[PDB]
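Heads up, this one has azumolene in it.
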Amino acid sequence: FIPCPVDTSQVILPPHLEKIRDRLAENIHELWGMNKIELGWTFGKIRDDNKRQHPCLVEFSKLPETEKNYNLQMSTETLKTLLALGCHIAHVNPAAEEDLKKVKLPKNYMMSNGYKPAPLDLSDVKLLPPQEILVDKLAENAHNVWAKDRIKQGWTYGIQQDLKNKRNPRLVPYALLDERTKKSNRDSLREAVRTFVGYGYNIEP
Ligand SMILES: Nc1ncnc2c1ncn2[C@@H]1O[C@H](COP(=O)(O)OP(=O)(O)CP(=O)(O)O)[C@@H](O)[C@H]1O
Ligand SMILES: O=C1CN(/N=C/c2ncc(-c3ccc(Br)cc3)o2)C(=O)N1
């Protein structure tokens, strides 16, 4: 398999966008954390799958650095992909970042070590058709960068998953992937673009 995403090599992130890059990394983690609780996952200091344990059930500020820093790199590369695709990222209203509310996660969405995700409540945020074809493209590219970075870490495909010999069945072309995983990814990058407009930024090629 040969994944190659958009080439962001020559793009430079502006320093004033390093904050929306971090806000985006927090929220996408909060969206990941919420759905993981819905899949029957709780907090724990050691990775026990049969016990529904995962250390990174804590808030974004408390993740280990080898895991936390990859999220901030994936956020940066998604921002650079927009600029590489010819989009200008501007700022529309700064008060939009203060007229931001978060979602009322029920009491069950409170974990053992006080971690309770609270993503931005962006259910009021509609997307134009051009923005739904861009989000669909963005989620496909996000798969290629994830696939190549694991291949560059030594990962190969396998019929079943192995967390030690680096094999994983999801390292396939985006058209080869199961539709359940595609949809999960397309939704996550949908909320990514929503976070930009939700924080008051504009995105037009
Ligand atoms: N699809 C995704 N979207 C956003 N963040 C993800 C992500 N997948 C993993 N992460 C990030 O990685 C951290 C969780 O560690 P990990 O990489 O092992 O995920 P995971 O255990 O769910 C993969 P698997 O589905 O195989 O179990 C979290 O902090 C999370 O933010
Ligand atoms: O097919 C797949 C694709 N994929 N995605 C890896 C995921 N890990 C971290 C992130 C991420 C995305 C956006 C932002 Br902003 C910040 C972090 O992407 C996976 O795990 N199997």
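Chain A is numbered as in the PDB entry, which gives 849-1053 for the residues shown. When a ligand or atom number is given, it counts from 1 through the structure's own listing order.
- For azumolene, every matching ligand or chain, copies included, can be listed as ligand 2.
- In this complex, the main macromolecule engaging azumolene, as named in UniProt, is Ryanodine receptor 3.
- The binding-site residues for azumolene (non-hydrogen atoms, 4.0 Å) are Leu872, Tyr918, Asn919, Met922, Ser923, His991, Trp994.
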